[PDB]
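Record below includes AT-9010.
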Amino acid sequence: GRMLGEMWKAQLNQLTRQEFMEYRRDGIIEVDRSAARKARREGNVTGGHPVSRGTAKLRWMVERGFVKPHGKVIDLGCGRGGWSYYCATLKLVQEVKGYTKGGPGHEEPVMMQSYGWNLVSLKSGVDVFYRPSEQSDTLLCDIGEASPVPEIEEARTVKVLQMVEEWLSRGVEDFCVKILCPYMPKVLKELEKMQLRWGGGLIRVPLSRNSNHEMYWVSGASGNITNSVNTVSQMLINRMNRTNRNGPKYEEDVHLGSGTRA
Ligand SMILES: C[C@@]1(F)[C@H](O)[C@@H](COP(=O)(O)OP(=O)(O)OP(=O)(O)O)O[C@H]1n1cnc2c(=O)[nH]c(N)nc21
Ligand SMILES: Nc1ncnc2c1ncn2[C@@H]1O[C@H](CSCC[C@H](N)C(=O)O)[C@@H](O)[C@H]1O
């Protein structure tokens with residue numbers, strides 16, 4: 001038998017494009033980024049606007065205690081830097097190192113002056129899958145590229161977990177790791193072993209789009225992995241089958257201020 005999430009992916013792939021676009025943001029929470037997009041086009045780096053939607057997703061988890069960034073934070077796949085700049089605003093964070101691939105088709109780090117920007121060092125041109133691990137107090141990873149083929153998303157997710165395993169073995173106190181495809185067998189098998197060793201649990205951020213099944217493995221959660229994943233699959237399938245669509249529920253984006261930290 002298959003996990004319900006496999007069903008969801010098959011049904012997702014059968015939507016027309018118009019159906020898909022009507023579904024992907026139906027009933028999710030979305031922060032309004034109109035001012036942020038104007039800020040990046042105007043080079044406004046002091047207005048507190050996050051560089052991406054990712055900031056609001058990590059804020060959601062941090063304010064619920066699912067991860068408590070502190071000390072030295074390493075941000076794997078930092079992209080423009082939304083997670084890294086957010087952590088540098090936090091009282092217990094002392095240093096943020098972000099690594100991302102960059103180059104054609106990939107986001108380059110953006111230089112911002114949000115609060116605590118001077119604690120952030122972002123490095124492009126870095127393939128984290130071949131980078132030696134380093135010590136960290138907080139380990140973040142937001143990597144996982146979508147595909148219509150669930151076996152490709154499965155393999156991509158397993159590769160992330162095998163990399164994270166090396167970084168966690170350095171001794172990490174807090175973590176938050178994107179699980180792109182949590183319902184496929186090879187991901188479940190690996191995650192269950194890694195939960196046994198390192199703890200944590202899977203959570204679904206309601207800012208995630210209905211067009212993906214992404215969940216985050218976070219140190220400040222617990223709970224059965226199979227049940228957590230199934231709960232998300234049923235929600236996403238329920239939303240796909242309720243065809244009176246409303247678009248997202250809008251909320252306010254994070255304000256990251258400006259200024260250096262001592
Ligand atoms: C093919 C996919 F399965 C993608 O593998 C997944 C994520 O496609 P996506 O790039 O939007 O990812 P998403 O936006 O959710 O994630 P974030 O940006 O928040 O990180 O949706 C499906 N998909 C994309 N386009 C279409 C489409 O035209 N028609 C249909 N039927 N399915 C589509
Ligand atoms: N092998 C790899 N090594 C390093 N970065 C990678 C990678 N594969 C993908 N990435 C990067 O992972 C990034 C995920 S971006 C995630 C959003 C980010 N947390 C924010 O808040 O802005 C992408 O920019 C992508 O280019």
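Each residue takes its place number in the sequence, starting with 1. Each ligand, and each atom within it, is numbered from 1 in the order the structure gives. Below, all heavy atoms of this structure are taken into account, side chains as well, without hydrogens, waters or symmetry copies.
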Which of the ligands or chains here are copies of AT-9010? ligand 1
If you rank chains by how many heavy-atom contacts each makes with AT-9010, which has the most, and what name does the PDB entry give it? Genome polyprotein
Extract the binding site of AT-9010: heavy atoms, cut-off 4.0 Å. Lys9, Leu12, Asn13, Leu15, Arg17, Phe20, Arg53, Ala146, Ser147, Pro148, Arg209, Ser211, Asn212
Which other ligands or ions are positioned less than 4.0 Å from any atom of AT-9010? none
Nearest protein heavy atom under 4.0 Å from atom 20 (O) of AT-9010, yes or no: no
Does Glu214 reach AT-9010 with a nitrogen or oxygen that is under 3.5 Å from one of the ligand's nitrogen or oxygen atoms? no
What atoms in AT-9010 come closer than 4.0 Å to a heavy atom of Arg17? 28 (O)
Before signing off on this row, confirm whether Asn212 and AT-9010 have an N or O atom pair separated by under 3.5 Å. yes
In AT-9010, which numbered atoms sit nearer than 4.0 Å to a non-hydrogen atom of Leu12? 3 (F), 21 (O), 22 (C), 30 (C), 31 (N), 32 (N)
Atom 32 (N) of AT-9010 - nearest protein heavy atom and its distance: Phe20 CD1, 3.3 Å
In terms of atom number and element, which parts of AT-9010 are under 4.0 angstrom from non-hydrogen atoms of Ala146? 5 (O), 7 (C)
Quick test: of every protein heavy atom, which one is nearest to atom 3 (F) of AT-9010, and how far off is it to 0.1 Å? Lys9 NZ, 3.1 Å
Any nitrogen or oxygen of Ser147, main chain or side chain, under 3.5 Å from a nitrogen or oxygen of AT-9010? yes
Please identify which atoms of AT-9010 are closer than 4.0 Å to at least one heavy atom of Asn13. 1 (C), 3 (F), 31 (N)
Got an N/O contact under 3.5 Å between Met21 and AT-9010? no
Looking only at protein heavy atoms, which one is nearest to atom 6 (C) of AT-9010, and what is the separation? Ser211 O, 3.5 Å
Write down the organism the PDB entry assigns to chain A. Ntaya virus
Can you confirm whether some protein heavy atom lies under 4.0 Å from atom 9 (P) of AT-9010, or whether none does? no
Return the residue, atom name and 0.1 Å-rounded distance of the protein heavy atom closest to atom 18 (O) of AT-9010. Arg53 NH2, 3.1 Å
